[PDB]
Amino acid sequence: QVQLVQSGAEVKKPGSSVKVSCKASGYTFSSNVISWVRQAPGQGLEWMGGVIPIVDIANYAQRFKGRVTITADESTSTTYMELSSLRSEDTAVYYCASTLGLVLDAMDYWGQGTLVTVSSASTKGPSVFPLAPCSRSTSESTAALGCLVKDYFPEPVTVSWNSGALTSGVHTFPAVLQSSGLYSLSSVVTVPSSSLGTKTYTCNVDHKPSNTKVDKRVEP
Amino acid sequence: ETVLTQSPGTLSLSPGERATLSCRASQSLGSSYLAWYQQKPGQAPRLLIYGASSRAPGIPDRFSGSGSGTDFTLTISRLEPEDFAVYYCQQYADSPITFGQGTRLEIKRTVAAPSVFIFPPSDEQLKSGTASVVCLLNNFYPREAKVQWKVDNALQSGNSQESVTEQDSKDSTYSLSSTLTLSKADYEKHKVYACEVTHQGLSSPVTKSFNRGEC
């Protein structure tokens, strides 16, 4: 199976530098060109450059010239993308991809991506706060409850409700990276208004990097 | 650099229908140097078309590409559920390679107004010097919605973040959460906290609010 396997997620402080690897295997003939393309969360695709492994000649998008270096180790069928002077705008998933033959070309095989997060944060478990209505009109057939999972690092957290017994009507939102460099996320459930105050709703938050497990019973 | 502009920004269709996606380049690309990709959440892009009109290996025949010069089209003759995704064009006529901004191909359904909820900050949070106020827009369609935060009728800006769920695989709606963040000091300076929601399903914007002190 033709495969491009990239190195794992990275966290780097602003001003620092990151190096991501991409190991090709299963090619009958090694690719002429490996390209690197990134994508900031929620945004579009941005081509960075490429390299021709057999001669180790890279080419670059001029907006990254002088900050990006792409290199090849033909002996291990690995290529590397190094990006220096990191800023918040560099937080993105970085992909390697082989091309149909040329440097300026379409890309047919892609690596799984490497998330690079530019943050000054250290590992930190979340604070878990209830989201509960203070009032709710009678003209409301549904009510909402939730929990705010705030100020943690790095991703991910896993949020369940009622120890996993409650899945219908749940929305766990994409986390946002705050200007503090910590993540925050909400998870909510909607219920019939008559269930509010007759049933118990507890959110369970698991954050493996900090070995944190928190249950929060949500009440007004 | 060559700029690629895709249209429409969002294409809303049903399975079985024909989808036409457009890419317009700021300069001629010839009849070759354009590719189309599909991307689903959490996955790498998948090549569909190269050389403007050639299907990539294993791509079904319902996908086709046409065009030359500045105007290119991707057609999906009969949509499958698995085709609802974001689509990008890519030009490679000269360096740097550039992509279009993407077209969101989503499932069309009847307009659905969001159910809107506001949540005051907890006393637990307040202990630590920060107050987060959260507004939930639940199960709405189409995707376009605007949240404005007001604090004693003062329109807020720069102190909120929001995120949106992927279109639901069963009911075809979206949900959105917005968080207003303020120091405890500022939070306590004010009384009325409101989130105003504008959406096609609402004859006029809906506001949910609370008063600090009663909540």
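For reference, chains are lettered A, B, ... following the sequence lines as listed. Using the numbering of the PDB entry, the residues shown for chain A are 1-220, in order. Sequence positions for chain B are given in the PDB entry numbering; the residues included correspond to 1-215, in order.
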Q: Under what name is the drug at chains A and B recorded?
A: GC1008
Q: I'm curious what the deposit calls chain A - any idea?
A: GC-1008 Fab Heavy Chain
Q: Per the PDB, what's the name of chain B?
A: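 In the entry: GC-1008 Fab Light Chain.
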